[PDB]
Peer 1: 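The structure under discussion is supplied below as structure tokens; questions concerning it will follow.
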Amino acid sequence: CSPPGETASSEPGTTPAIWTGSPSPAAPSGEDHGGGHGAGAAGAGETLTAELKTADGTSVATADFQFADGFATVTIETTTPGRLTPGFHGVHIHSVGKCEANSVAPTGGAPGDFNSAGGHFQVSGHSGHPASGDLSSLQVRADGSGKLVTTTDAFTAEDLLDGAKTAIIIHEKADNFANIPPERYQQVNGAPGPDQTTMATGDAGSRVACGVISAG
Amino acid sequence: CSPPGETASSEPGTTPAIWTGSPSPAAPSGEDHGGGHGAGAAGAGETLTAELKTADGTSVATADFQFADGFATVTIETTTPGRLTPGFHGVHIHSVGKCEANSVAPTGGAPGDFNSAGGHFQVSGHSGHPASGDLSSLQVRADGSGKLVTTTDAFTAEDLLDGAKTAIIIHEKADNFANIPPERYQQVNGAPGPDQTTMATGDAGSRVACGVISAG
Amino acid sequence: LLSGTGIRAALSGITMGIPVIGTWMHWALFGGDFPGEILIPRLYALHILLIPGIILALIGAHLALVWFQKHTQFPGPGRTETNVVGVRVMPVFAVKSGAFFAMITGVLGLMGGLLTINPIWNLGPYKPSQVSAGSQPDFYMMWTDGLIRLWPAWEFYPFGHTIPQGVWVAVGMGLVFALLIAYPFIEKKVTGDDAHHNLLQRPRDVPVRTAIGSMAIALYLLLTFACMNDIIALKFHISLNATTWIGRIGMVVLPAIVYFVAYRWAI
Amino acid sequence: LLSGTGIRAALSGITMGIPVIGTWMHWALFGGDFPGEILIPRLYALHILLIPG
Amino acid sequence: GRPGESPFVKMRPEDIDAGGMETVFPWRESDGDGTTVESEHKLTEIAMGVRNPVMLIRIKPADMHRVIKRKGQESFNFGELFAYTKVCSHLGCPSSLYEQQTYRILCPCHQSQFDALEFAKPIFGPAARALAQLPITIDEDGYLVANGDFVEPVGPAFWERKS
Amino acid sequence: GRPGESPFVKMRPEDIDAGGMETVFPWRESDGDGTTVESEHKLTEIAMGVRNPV
Amino acid sequence: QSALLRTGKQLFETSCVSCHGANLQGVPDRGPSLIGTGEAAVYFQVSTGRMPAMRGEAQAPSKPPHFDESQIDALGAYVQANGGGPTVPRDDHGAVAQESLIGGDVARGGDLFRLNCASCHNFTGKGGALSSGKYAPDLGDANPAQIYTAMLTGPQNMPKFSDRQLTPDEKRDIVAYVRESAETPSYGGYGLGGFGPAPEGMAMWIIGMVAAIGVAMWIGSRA
Ligand SMILES: CC(C)=CCC/C(C)=C/CC/C(C)=C/CC/C(C)=C/CC/C(C)=C/CC/C(C)=C/CC/C(C)=C/CC/C(C)=C/CC/C(C)=C/CC1=C(C)C(=O)c2ccccc2C1=O
Ligand SMILES: CCCCCCCCCCCCCCCC(=O)O[C@H](COC(=O)CCCCCCC[C@@H](C)CCCCCCCCC)COP(=O)(O)O[C@H]1[C@H](O)[C@H](O)[C@H](O)[C@@H](O)[C@@H]1O
Ligand SMILES: CCCCCCCCCCCCCCCC(=O)O[C@H](COC(=O)CCCCCCC[C@@H](C)CCCCCCCCC)COP(=O)(O)O[C@H]1[C@H](O)[C@H](O)[C@H](O)[C@@H](O)[C@@H]1O
Ligand code: HEC
Ligand code: HEC
Ligand SMILES: CCc1nc2ccc(Cl)cn2c1C(=O)NCc1ccc(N2CCC(c3ccc(OC(F)(F)F)cc3)CC2)cc1
Ligand SMILES: CCc1nc2ccc(Cl)cn2c1C(=O)NCc1ccc(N2CCC(c3ccc(OC(F)(F)F)cc3)CC2)cc1
Ligand code: FES
């Protein structure tokens, strides 16, 4: 006797399709956690990275911020070694999450990587001092890299996923905020006070980079 | 018969001293190590913390930075809930590692938490733009906490452990860096250029906090 | 847990206690210290193959001797030292022997069903730390355990050496066995009966031996209940020290009283 | 390895090939599939006591 | 008695309260929880160590003045905590039973009573040698650690002992 | 055949070259490497799987 | 509560002042101090009925409760107010929690029992004998709350297992194991108590030996 199955010369066959397994069901529901935190928003977990893209599409930096124990942990690894000149880039948090080459929310001059709908991405009820939207200098030496953090928790993971996606913007200036005292310093008009342009958010030359903060 | 050895000998005894164990030669052949990194210096590893103290010793914050993959990863936790006023604080890297109440390296007025030997703790050969001495700004909302990061890698763990211990100085200002362009704004002297005092490092009001970076 | 602590006490402790080679015997039996990983397989080999085989060979010898040293008999009307009065094997004796085997098997099956023996599941796996209050062996080793309990903690300490109290029980067993195995020879040496005896003797007709056997049974029962002095105290409210000392005084007094009473009873 | 593959061939395959009760005999002998956790102790019982007896 | 994971956890003096006994084992830092395969075998060795188990008993302060110590073991107790081997000095059964308000360490294999107040010497039953007392103290972070090994062998006695 | 740890490793088509044979087993994501006590038995079960090897 | 404390004081002043001073400090060589014993101690000691002890002997035995649940709570609250100590567990309603004290895990509860409880009680919760006139009573009768409070307060010659030795989770686990062993039928026929070798041997020598010898006497003759 011969087994019933036997040969099939016809229908040569097709290349197997790439396998895409289904998620483990309620039985093996146990799986790696994506992160825990307060998450006072639609949901972001304890892991949220970002990629900083330059005007030519070449990555300049890679920002990241995620809630850990109610206080955000962040770190912006350099994307290229020669991306940053030996100097300070004005860091800021923009309310607009579109890092387009040239786009301005209002009717006026559209600076490069200036899609922010204003200055710094402050809190909803904050419109004065430099809230968490404002950031200080990101320093690069002759090596040309950026890796250093601070403490600025005017916001949280709850405010990270706002109505308009936020982003991390790298300017071309340090962090001073009208360091010239009003007693002896003066502005163009002679007023001892500082300029609102430099007070609302870190203003500098052409934007160094812009990276969407929505899990970029 | 009775066993040879028993009885107190009428000797009271003493309370056992706190146990202080030694390293494990039998189990470990050598001395185990923690964090790993390039550490081109006397040795810092991949773990270095810091504590931010106030003028009266109150814990303003707690910074911590360490080298991981050639780009220093840092983060500063909030030490108090209402420590930070609802505004912007300028975080900078100071050459002086002493968080004294008021120390002045040069000959002049000593400012609070101004023991830094100059402006920003740049590299040895870096004395111009805002090098690694500049760090992310400390923006504080009504919450009063610090959690935010930037990309400042002009200095590394190898350069961190320099001759003079470095530190983190928290100011009380935003990050502008003479954002007023020379075209429209002017200085007290009438020259469109900015002030060197605000260009050497982030200058603001009385220092908000000072924390030793030497594994504080 | 119960059997494990029984092993720990008996095998480990007593074997280690033996002066000259005790530790060596312990290390040979366990292949090392007590929790040696070759104990249970060795006991399995000894228990399913070796000891049952030796017992079967000795039972074969026993039954062969009884068969050919034709069974002894009690004195009676037509019964003498030179005959066997009874029933031939085939018609009657075989049938009743088989029926008795059937009924004994039935009793054992009824017990195996209706009575719970060694409910090991209640007894967790053996651990050197876990314990139980009962901690007895089967009744045939309860005399050993009771001899342990009642022997008053007597140890001796030679030049840099220890002779633990456990040693005593080993000697005890020796004597016990040394007296059980050898008894007929002591009987024939003392009494002087060197004659071919085929007619049994009613126990009453031998007051001295009946008294001796009653004394031995009394000592065995005292030791067995001493092993259960823990449970006896728990159920029958008697202080544990009181039961221990009752056994201690009894293992010397109760045998004497039982001997006297049994002697007078036989007479 | 050698004796294990010998068991696999003979005791498992032949036993489970028998038409009427092959699988049943295999599962009774091994208490389950071929590498069943009761095989070697049972063979030990068969080989030190039962078959020698 | 957790099923496999972290069966042993460091201990603190506050945990034992006056007139309380707890069985403790020699857990090393290397012998971490049983999560991995390398561990869960060291921990099994600790659990199956015949002489490993010890009982830590907190002597009531009111009874403290009654404690009688053993020469060479005068400081083995850390305050009112006393570590005595559970293994009976007679035939090596655990001496698990503990009676407070009478301070009697009882061994149930052969009903042997040691006085816990006085150095754990046998005051009744077959046992004739005192239970070995383990030196104890507290290390950094306040965890109870043995202050050294038993000054004498701890199991049941044997021929080559007491020299 | 590493001693105990990570006995089963993912495999990729280029690993086996033309005219090469490899014995492979049904390893799952859940059946991680053999470090854990929970693992080292799923992997042992895979190894002892009489019909598992391919 | 004010009325609860009043009732507890009333009951205390006429049931136990003789053993324990009116200020709850133990009378010398009659009874110990109740300061700091706690409501858990009072509940376990009086619910089991031990406390109207009525004699000083080796071991105070369990006996029918001399007070009802409300009076037990009154006495316990009185003692808790005086010294302050362990408190009997309670559920949402406020009654002495008994069902809620059955821990889910039993194997872990079994290990805990064997390491701690079986030392003197039994493999399966039966009793055990102690040094001189003392014993460990059977755990079959004690309700979950009583077992929990017994662990939480070592009555007499019982090690006191504080909340730190056995956290409420471990105590509930041990309670669950105790109840399961106590109420679980003995698989394999009538379980002769819980002690194996002694009842088993006694039952052999009675049932099996009397049956076998009687059958031998029936089959055999006498002469
Ligand atoms: C070393 C040693 C023997 C020390 C002394 C310990 C001991 C045996 C003390 C005596 C125990 C007794 C008899 C207590 C009752 C109070 C008492 C002493 C009264 C005075 C004694 C006396 C001479 C009275 C005159 C009349 C007389 C002889 C009365 C005896 C009364 C009794 C108990 C008769 C029956 C004998 C008997 C069965 C004793 C118990 C023996 C054992 C080991 C039982 C084991 C056993 C137990 C422990 C169970 O829990 C169990 C639970 C469920 C099913 C089965 C059993 C079971 O078989
Ligand atoms: C088959 C078995 C037959 C028995 C055989 C043996 C017969 C010889 C009997 C010898 C009697 C010896 C009694 C002495 C015992 C002893 O020395 O211990 C005392 C306790 O005296 C007692 O109870 C007196 C007990 C006397 C009763 C003996 C009665 C005979 C019975 C057993 C016969 C029935 C047999 C039925 C068998 C059934 C059939 C079998 C098949 C004190 O202990 P303790 O408790 O610790 O008291 C502390 C102080 O010490 C301390 O100072 C003080 O301060 C306190 O703290 C106190 O606690
Ligand atoms: C040929 C053999 C024939 C054997 C007969 C078989 C009888 C089958 C019985 C029915 C099926 C199996 C029952 C298994 C369920 C079961 O075990 O049965 C207990 C009972 O047990 C007891 O109390 C004893 C009650 C008295 C009646 C039974 C006495 C039978 C004896 C006499 C037969 C053996 C011979 C012994 C003679 C010894 C005499 C020496 C002269 C009943 O529950 P309980 O009563 O509540 O047990 C308490 C837990 O609750 C509680 O936690 C626990 O902690 C305890 O307190 C526990 O007692
Ligand atoms: C006679 C003496 C009595 C009386 C009438 C009461 N008690 Fe007390 N008590 C007595 C003794 C000898 C002991 C210690 C041994 C034992 O408990 O049997 C106690 C102990 C207690 C405890 C235990 C304290 C603890 O475990 O930490 C409690 C809670 C207690 N006693 C309370 C109590 C109450 C409420 C009484 C009236 C209902 C009472 N006792 C009476 C002695 C005696
Ligand atoms: C020998 C030391 C000892 C150990 C250890 C011990 N017990 Fe007890 N137990 C006793 C004694 C003695 C009593 C008697 C209490 C009394 O007389 O007030 C008792 C009483 C009890 C009771 C009261 C039951 C009743 O009906 O009165 C329970 C329940 C109990 N124990 C459970 C436990 C548990 C659970 C453990 C493990 C945490 C444990 N025991 C450990 C000795 C001990
Ligand atoms: C100890 C009592 C006991 N307490 C408990 C508690 C709980 C439980 Cl569950 C059970 N128990 C038991 C128990 O069951 N005891 C049975 C037992 C005792 C001793 C031996 N012994 C064999 C010979 C050795 C020996 C002696 C002489 C030798 O020299 C020679 F012969 F010349 F080689 C060699 C070895 C000693 C041990 C066996 C079983
Ligand atoms: C297979 C060949 C082989 N290849 C290798 C390779 C490597 C190595 Cl190392 C060894 N080998 C061997 C090998 O050693 N073969 C021995 C062998 C063969 C058959 C059986 N069989 C007995 C009957 C059973 C049976 C069948 C019917 C029955 O029905 C009845 F009788 F009515 F109940 C009862 C039992 C099946 C197994 C055993 C051993
Ligand atoms: S086993 Fe401990 S007293 Fe003998």
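Naming: A, B, ... by sequence-line order, numbering from 1 per chain. First listed ligand is number 1; within each ligand, the first listed atom is number 1. These values consider heavy atoms only, across backbone and side chains, with no hydrogens, waters or symmetry-generated copies. Lab note: partial entry displayed, contacts enumerated inside displayed portion only.
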Peer 1: Can you tell me what they call the drug at ligand 6?
Peer 2: telacebec
Peer 1: Which chain forms the largest contact interface with telacebec (ligand 6) when counted as heavy-atom pairs under 4.5 Å, and how does the PDB entry name it?
Peer 2: Cytochrome bc1 complex cytochrome b subunit
Peer 1: Using a heavy-atom cut-off of 4.0 Å, list the other chains contacting telacebec (ligand 6).
Peer 2: C, E
Peer 1: Under 4.0 Å, heavy atom to atom, what does telacebec (ligand 6) touch in the other chains?
Peer 2: C:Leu2, C:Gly6, C:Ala9, C:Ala10, C:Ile14, C:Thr15, C:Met25, C:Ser135, C:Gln136, C:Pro137, C:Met141, C:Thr144, C:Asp145, C:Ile148, C:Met173, E:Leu91, E:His110
Peer 1: Give the name the PDB entry uses for chain E.
Peer 2: Cytochrome bc1 complex Rieske iron-sulfur subunit
Peer 1: Which other ligands or ions lie under 4.0 Å from telacebec (ligand 6)?
Peer 2: none
Peer 1: Mind checking which residue and atom the model joins telacebec (ligand 6) to with a covalent bond? None is a fine answer too.
Peer 2: none
